[PDB]
Amino acid sequence: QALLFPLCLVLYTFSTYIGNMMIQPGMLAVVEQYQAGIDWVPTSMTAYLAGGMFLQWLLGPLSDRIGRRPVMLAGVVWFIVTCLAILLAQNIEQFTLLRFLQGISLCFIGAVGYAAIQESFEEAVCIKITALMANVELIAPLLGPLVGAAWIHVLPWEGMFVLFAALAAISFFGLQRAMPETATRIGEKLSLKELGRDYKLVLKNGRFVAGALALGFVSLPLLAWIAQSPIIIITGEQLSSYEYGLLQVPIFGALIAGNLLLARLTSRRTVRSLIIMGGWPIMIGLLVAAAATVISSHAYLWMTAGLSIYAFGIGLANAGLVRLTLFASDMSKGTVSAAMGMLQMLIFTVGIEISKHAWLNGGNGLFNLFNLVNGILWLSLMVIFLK
Ligand SMILES: O=C(N[C@H](CO)[C@H](O)c1ccc([N+](=O)[O-])cc1)C(Cl)Cl
Ligand SMILES: [Pr+3]
Ligand SMILES: [Pr+3]
């Protein structure tokens with residue numbers, strides 16, 4: 001009678017994702033309007049992502065105790081408020097803090113929204129819902145930059161946050177009528193001390209931590225590209241929004257192509273073999289982008305080629321490493337998931353800032369060299385992690 005639930009959670013998820021991806025290309029208009037330096041462009045995403053790791057560890061056990069409905073709806077509202085509130089920001093510092101506060105809305109998708117999905121639907125229907133969510137996450141970083149660039153060509157950046165709030169508002173009402181209460185520990189006491197002990201315990205698991213760290217390092221080059229390609233292409237290479245948008249296609253296309261191959265190969269390949277398989281394009285790609293731009297600072301097409309090859313590798317290898325990492329720890333999936341979520345966003349957050357300084361100080365060469373060491377760190381962890 002009511003499938004409005006998973007569909008509205010999907011719409012919310014989509015909106016928090018363009019909440020990131022549509023904004024990055026817009027950030028050039030943003031810093032122009034505040035008369036802030038281009039160094040604040042990538043920090044927009046850093047702050048957004050830092051918000052995404054802020055309440056991770058807490059929302060799951062909390063929504064288990066007080067209800068999935070109140071917590072989930074609260075997150076959607078928080079998203080609406082913080083999106084609107086950024087229109088009143090008076091300087092880039094204030095703009096960035098709000099990016100952070102908006103980012104907290106991310107924590108609600110996995111820890112409480114998705115947990116409600118698992119506690120509602122048949123193990124078969126739940127698979128198709130998760131498939132749709134994965135498609136959304138795969139399409140957002142492709143569509144976002146393109147839509148974002150075409151948006152600021154005709155409309156003010158403030159408009160984008162109105163769009164995000166509107167979409168999430170639609171999504172609020174759909175969840176208000178169709179989301180069931182599935183929390184199993186309603187009324188039970190939540191102990192922050194026991195929660196801390198849970199997390200101290202998961203982190204002592206060496207094999208788990210290596211896999212979690214590896215996921216962060218390996219995805220970092222992709223996130224660093226999202227954060228910085230606007231300043232790399234437009235302000236750096238003196239190119240237009242058209243080239244910026246176009247260079248996105250081979251990169252996230254290859255990501256998609258990588259996940260598609262993974263779909264076809266999975267019945268005749270173990271997770272272990274697909275990771276080793278992905279390792280070749282992951283490494284070759286990063287190597288190519290680094291060598292080329294060391295050789296020639298402005299070889300941005302070689303750079304895009306390298307990153308496409310790398311992105312294909314990620315498509316093939318990551319989901320399998322996610323699975324192994326999840327099952328490398330025997331503790332509650334809520335706890336294990338939030339732990340691996342926080343570990344990798346720690347790497348993204350710090351990594352984008354280091355990346356930004358690499359590019360500001362040494363240009364494309366440094367940008368790509370830093371990406372290469374991240375791949376090497378993944379590779380290093382995989383030699384130990386695989387057995
Ligand atoms: O980097 C990737 N994404 C993962 C999730 O699979 C990463 O943890 C992530 C999560 C959220 C996000 N966001 O909404 O801005 C970005 C990256 C790709 Cl490997 Cl799919
Ligand atoms: Pr306990
Ligand atoms: Pr416990």
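Heads up: numbering here begins at 1 and tracks the sequence. Quick check of the header: X-ray crystallography, 2.1 Å. Ligands are counted one by one from 1 in listed order, and the atoms in each one are counted from 1 as well. Below, each value reflects all heavy atoms present in this structure, side chains not excepted, and no hydrogens, waters or symmetry copies.
Per the PDB entry, the macromolecule making the most contacts with ligand 1 here is Multidrug transporter MdfA. The drug at ligand 1 is chloramphenicol. Heavy atoms under 4.0 Å from chloramphenicol (ligand 1) belong to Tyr17, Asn20, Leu49, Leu106, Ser219, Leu223, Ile314, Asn318, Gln344, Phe348.
The UniProt-annotated transmembrane segments of chain A (first at the N terminus) that reach under 4.0 Å from chloramphenicol (ligand 1) with a heavy atom are 1, 2, 4, 7, 10, 11. Every atom of chloramphenicol (ligand 1) is numbered from 1 in the order shown, and the set under 4.0 Å from a heavy atom of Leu223 is 1 (O), 16 (C), 17 (C). Neighbours of chloramphenicol (ligand 1) among the ligands and ions, at a cut-off of 4.0 Å: none. Atoms of chloramphenicol (ligand 1) lying under 4.0 Å from at least one heavy atom of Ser219, given by number and element, are 1 (O), 19 (Cl).
Close approach of chloramphenicol (ligand 1) to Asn318 is summarised as follows: ligand atoms under 4.0 Å from at least one heavy atom of the residue are 19 (Cl). Near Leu106, the atoms of chloramphenicol (ligand 1) lying under 4.0 angstrom from a non-hydrogen atom of the residue are 14 (O). Proximity to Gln344 (heavy-atom distance under 4.0 Å) selects the following atoms of chloramphenicol (ligand 1): 7 (C), 8 (O). Of all atoms in chloramphenicol (ligand 1), listed by their number and element, those nearer than 4.0 Å to a heavy atom of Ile314 are 19 (Cl).
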Expected rows: chloramphenicol (ligand 1) N/O, protein N/O, dist below 3.5 Å:
from: chloramphenicol (ligand 1); atom 1: 8 (O); to: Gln344; atom 2: NE2; distance (Å): 2.8

